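By convention in this document, chain letters (A, B, ...) are assigned in the order of the sequence lines, proteins followed by strands, and residues within each chain are numbered from 1. Atom set for the values below is all heavy atoms of this structure, side chains included, hydrogens, waters and symmetry mates excluded. Order of listing sets the numbers, starting from 1, for every ligand and every atom in it. If you're wondering, the header gives electron microscopy, 3.2 Å.
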Amino acid sequence: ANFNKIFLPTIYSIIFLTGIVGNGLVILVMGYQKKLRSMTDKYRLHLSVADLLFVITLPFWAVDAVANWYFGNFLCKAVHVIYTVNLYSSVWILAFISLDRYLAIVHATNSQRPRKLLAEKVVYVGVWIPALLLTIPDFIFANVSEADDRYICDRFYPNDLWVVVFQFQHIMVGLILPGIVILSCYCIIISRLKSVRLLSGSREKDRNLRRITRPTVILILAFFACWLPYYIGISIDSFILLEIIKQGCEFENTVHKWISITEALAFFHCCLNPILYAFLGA
Amino acid sequence: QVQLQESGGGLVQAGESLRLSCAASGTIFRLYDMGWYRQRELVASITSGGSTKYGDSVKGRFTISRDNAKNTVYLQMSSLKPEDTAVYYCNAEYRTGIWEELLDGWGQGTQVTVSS
Ligand SMILES: CC(C)CCC[C@@H](C)[C@H]1CC[C@H]2[C@@H]3CC=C4C[C@@H](O)CC[C@]4(C)[C@H]3CC[C@]12C
Ligand SMILES: CC(C)CCC[C@@H](C)[C@H]1CC[C@H]2[C@@H]3CC=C4C[C@@H](O)CC[C@]4(C)[C@H]3CC[C@]12C
Ligand SMILES: NCCCCN(Cc1nc2ccccc2[nH]1)[C@H]1CCCc2cccnc21
């Protein structure tokens with residue numbers, strides 16, 4: 001409706017501006033300047049690179065929401081691929097940060113080599129390669145249609161069964177497995193933090209561990225809080241498709257608008273890192 | 001912040017028994033170590049797990065106690081000696097939050113007088 005037609009571009013432009021500025025600033029600060037580059041800093045640099053690469057493609061979606069899509073099949077496929085790559089890489093970089101914190105806290109003296117290896121070599125194989133290999137459906141199914149009076153850029157499957165399958169696989173790979181890893185690591189970490197009198201053997205090491213662990217906790221909580229309502233909406237939509245939830249057409253329209261507004265709001269995860277750096281780094 | 005108060009001192013007849021008290025109140029998340037100090041040699045010290053570490057000249061005569069629910073450390077004095085007349089300082093190690101460092105606190109100071 002017209003309400004969405006005016007609401008979506010405004011939020012998209014605000015997010016694009018804030019994400020461009022913040023991610024560019026973070027990348028510039030941690031790149032050529034060569035400022036503090038601990039393992040968490042490396043992981044957040046990877047995260048900022050991914051977030052900026054996705055934020056680059058927001059004006060196309062704003063223009064698609066407002067008027068039409070004059071860009072083409074190649075650009076449709078490119079923006080879908082970039083979206084998928086960002087969506088997987090961000091959450092799995094968060095999982096890698098969680099695992100690194102667990103290794104640094106629980107095994108504080110014998111984990112230097114495993115942490116260095118995990119942050120140097122295993123990170124690419126565990127984050128980027130599966131994300132790239134999961135973009136094959138984006139390369140196959142992303143297309144530009146010719147509906148009435150305008151073009152549409154969206155993934156086109158033979159039927160809704162593929163939609164349900166890809167929604168479920170997105171839910172899994174982006175919420176459960178990294179969620180399970182983060183849950184286990186942070187449960188162990190918090191059990192160790194509130195019971196051990198002094199981590200490692202000196203007070204400075206203990207306070208450093210706490211001061212580096214806390215912002216990661218805040219970032220992970222904010223990330224999942226942003227993404228959760230969209231996941232609830234798509235779960236309800238999938239169950240509607242799976243014939244479990246049977247109601248009238250007004251119900252379907254309501255959940256559709258709910259999902260649209262919620263995904264527009266949950267795209268704010270791209271701005272968490274610069275804002276966290278700003279109000280925890282001054 | 002936290003507040004530690006000491007009580008139990010005063011003038012008592014020789015050969016009697018006393019029980020010093022030290023209760024901590026304030027923003028306390030967890031307490032790790034407590035002990036009485038008198039360099040200030042730790043004449044007594046009990047950890048959170050009860051692993052007491054008595055002094056050489058105080059072992060076998062003094063008994064320490066700690067009730068975590070009551071947030072107190074009790075030192076029982078028996079078999080008085082002339083060298084035991086001194087000032088007792090209550091010490092405790094606390095942490096105000098999960099992400100905070102290991103904070104250290106001290107007591108007011110208790111005067112115990114025994115005839116020599
Ligand atoms: C979707 C599921 C499977 C995983 C997502 C939830 C995880 C990543 C989030 C949501 C709830 C969060 C916890 C909520 C409360 C606490 C207690 C606090 O004193 C320390 C942080 C801690 C322990 C948080 C750590 C991160 C956390 C475990
Ligand atoms: C963007 C929209 C969709 C949702 C926004 C959710 C985010 C930004 C909000 C919701 C609740 C918030 C958290 C609530 C509780 C605390 C504890 C406080 O001591 C520090 C901030 C912290 C950790 C907040 C971080 C940011 C937070 C997770
Ligand atoms: N023109 C339509 C193109 C699909 C747009 N969405 C996918 C999508 N949204 C929805 C909102 C409500 C209901 C179903 C929805 N399915 C995603 C595609 C990937 C990237 C992206 C970026 C910005 C906004 N939306 C999206």
- prompt: Which drug name is given for ligand 3 in the PDB records?
  reply: mavorixafor
query: Which bound partner of mavorixafor is the main one by contact count, according to UniProt?
result: C-X-C chemokine receptor type 4
query: Other chains with a heavy atom closer than 4.0 Å to mavorixafor: which ones?
result: A
query: Which transmembrane segments of chain A have some heavy atom under 4.0 Å from mavorixafor, with segments numbered from the N terminus following UniProt?
result: 1, 2, 3, 7
message: I'm trying to map the binding site of mavorixafor - which residues have a heavy atom under 4.0 Å from it?
response: A/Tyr12, A/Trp61, A/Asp64, A/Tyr83, A/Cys153, A/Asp154, A/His256, A/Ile259, A/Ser260, A/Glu263, A/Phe267
